[PDB]
Chemist: 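Following up with a structure containing tolcapone.
Simply put, chain letters go A, B, ... down the sequence lines. Residue numbering for chain A follows the PDB entry, covering 10-125 in order. Chain B uses the PDB entry numbers throughout; the residues present, in order, are 10-125. Here chain C follows the PDB entry for its numbers: 10-125, in order, are the residues you see. Chain D uses the PDB entry numbers throughout; the residues present, in order, are 10-125. Ligands are counted one by one from 1 in listed order, and the atoms in each one are counted from 1 as well.
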Number of protein chains: 4
Amino acid sequence: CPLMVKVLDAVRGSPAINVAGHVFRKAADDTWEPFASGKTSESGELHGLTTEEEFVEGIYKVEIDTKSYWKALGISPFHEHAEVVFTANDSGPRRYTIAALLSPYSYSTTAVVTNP
Amino acid sequence: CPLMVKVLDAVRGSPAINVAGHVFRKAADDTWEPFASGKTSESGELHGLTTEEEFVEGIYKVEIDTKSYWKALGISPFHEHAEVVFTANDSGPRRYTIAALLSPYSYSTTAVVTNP
Amino acid sequence: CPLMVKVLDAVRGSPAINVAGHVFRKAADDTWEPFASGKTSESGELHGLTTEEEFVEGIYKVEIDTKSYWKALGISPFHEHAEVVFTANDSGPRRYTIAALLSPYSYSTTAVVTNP
Amino acid sequence: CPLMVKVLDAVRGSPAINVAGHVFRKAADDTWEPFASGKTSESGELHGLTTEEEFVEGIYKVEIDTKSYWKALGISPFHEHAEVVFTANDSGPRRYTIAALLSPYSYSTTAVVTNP
Ligand SMILES: Cc1ccc(C(=O)c2cc(O)c(O)c([N+](=O)[O-])c2)cc1
Ligand SMILES: Cc1ccc(C(=O)c2cc(O)c(O)c([N+](=O)[O-])c2)cc1
């Protein structure tokens, strides 16, 4: 899996389960083309989004629906979502983990990029 | 100052100076309408973006040009930019500080929301 | 103010008010000698800890009583406290802001170091 | 493994490899007794620190030698180390992942605590 998304809850100290994630790729006309989507598992991880052959060079956007996560816990959070936009595979194929750490009024995101 | 943006550099341990930030309000057609912009000061701060009168309820986006910042420092960055999207003033007017802490492969954002 | 500590609450999106902070300097015997202390203000800030004269080179520790803060809010915390240990003034006197962003199961700390 | 430590580098977007970690447990006399140590693998993970039977209730300290990590990369970082202090197993045995995300002038730490 060349693209994985992991989401953690900094209030409970747990994986953030059942969080929707949507991936888009910038098209030649500069629009955001839907690329993949899913929801986080019990481990907070969203696997199986793409394959090495489909995950070509390009600019990708990962949008994590953090607002729905907090709202289901009774909380009205600050952010509408957490979005991560990045160029992928510019130097050849890589494996990307996009990790997000969520609090109601703050989030952090990191990328772990490895060479297979 | 109903809206302030502060940007910090976690590599140098300093304010992130001369970082462009652009503010948008979501339009009725779901498009992003540009609202205000500026460059961070020597303290990392972007002041004077809006006024109490103009900063009505709505969904707002702050886009921080983190890629140009890292490029100017000669450091390879992961993200194309950092975006913060939030609903403003849903329970009355508030003063918002959006703080962003930047590293080349990670960023975090927090909101400090105080009632005047 | 050679040394300032600022504490923010990522759950409420506010300064963390009335948080105790204690500052220590490492002694020749490697023990921690208490140096200064205070409680964060309504802006989350602990000012007036030390002076230019007293804040000589050395290794310093700031201990933030995060557990008492979360307990006062009725929220279960993970950490006993948050500690920040750093060598100060190794290349001349600097002004240090130690910023801590608190969640119940996570914290982050950053230093903003500026040369007067 | 009831206790795992994971360390990531936010500058390079990579696991932080070969980082020393030391674990201590608070003794009945209030001293810090050495409990386990190791170094992070190529995945940034330190496994095999303890067993469920040995990892009894108590207050534990995990000290990560972040300064040596940065110094080996040519960087003089702000922090001397990253230390995490927490009560473990107060409600029965749990599995703890202590994750640290490192930059030269900032770090963040989170706990992911799961029930086996
Ligand atoms: C680790 C971390 C991340 C974000 C914040 C943070 O949100 C913040 C907010 C401020 O109003 C402010 O003045 C500063 N500061 O000056 O350093 C930081 C504080 C700490
Ligand atoms: C404070 C912080 C923020 C983000 C990360 C982080 O990026 C990360 C990445 C992983 O692949 C991973 O498995 C975990 N984890 O399980 O805890 C965390 C690590 C620490």
Chemist: Hey, which chain has the most contacts with tolcapone (ligand 2) here? Just the name the PDB entry gives it.
Modeler: Transthyretin
Chemist: Are any other chains within heavy-atom reach of tolcapone (ligand 2) at under 4.0 Å, and if so which?
Modeler: A, D
Chemist: List the residues forming the binding site of tolcapone (ligand 2), heavy atoms under 4.0 Å.
Modeler: A:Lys15, A:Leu17, A:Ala108, A:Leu110, A:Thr119, D:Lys15, D:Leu17, D:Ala108, D:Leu110, D:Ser117, D:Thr118, D:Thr119
Chemist: What atoms of tolcapone (ligand 2) come within less than 4.0 Å of a heavy atom belonging to A:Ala108?
Modeler: 6 (C), 7 (O), 8 (C), 9 (C)
Chemist: Just which atoms of tolcapone (ligand 2) are under 4.0 Å from any heavy atom in A:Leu17?
Modeler: 15 (N), 17 (O)
Chemist: Could you check which UniProt-annotated L-thyroxine binders in chain D have any non-hydrogen atom under 4.0 Å from tolcapone (ligand 2)?
Modeler: D:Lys15, D:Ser117
Chemist: Enumerate the atoms of tolcapone (ligand 2) whose separation from the nearest heavy atom of D:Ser117 is less than 4.0 angstrom.
Modeler: 1 (C), 2 (C)
Chemist: Atoms of tolcapone (ligand 2) less than 4.0 Å from D:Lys15 heavy atoms?
Modeler: 10 (C), 11 (O), 12 (C), 13 (O)
Chemist: Quick one: table the atom pairs, tolcapone (ligand 2) N or O against protein N or O, below 3.5 Å, distance rounded to 0.1 Å.
Modeler:
| unit_1 | atom_1 | unit_2 | atom_2 | d |
| --- | --- | --- | --- | --- |
| tolcapone (ligand 2) | 11 (O) | D:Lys15 | NZ | 3.2 |
| tolcapone (ligand 2) | 13 (O) | A:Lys15 | NZ | 2.8 |
| tolcapone (ligand 2) | 13 (O) | D:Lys15 | NZ | 3.0 |
| tolcapone (ligand 2) | 16 (O) | A:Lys15 | NZ | 3.0 |

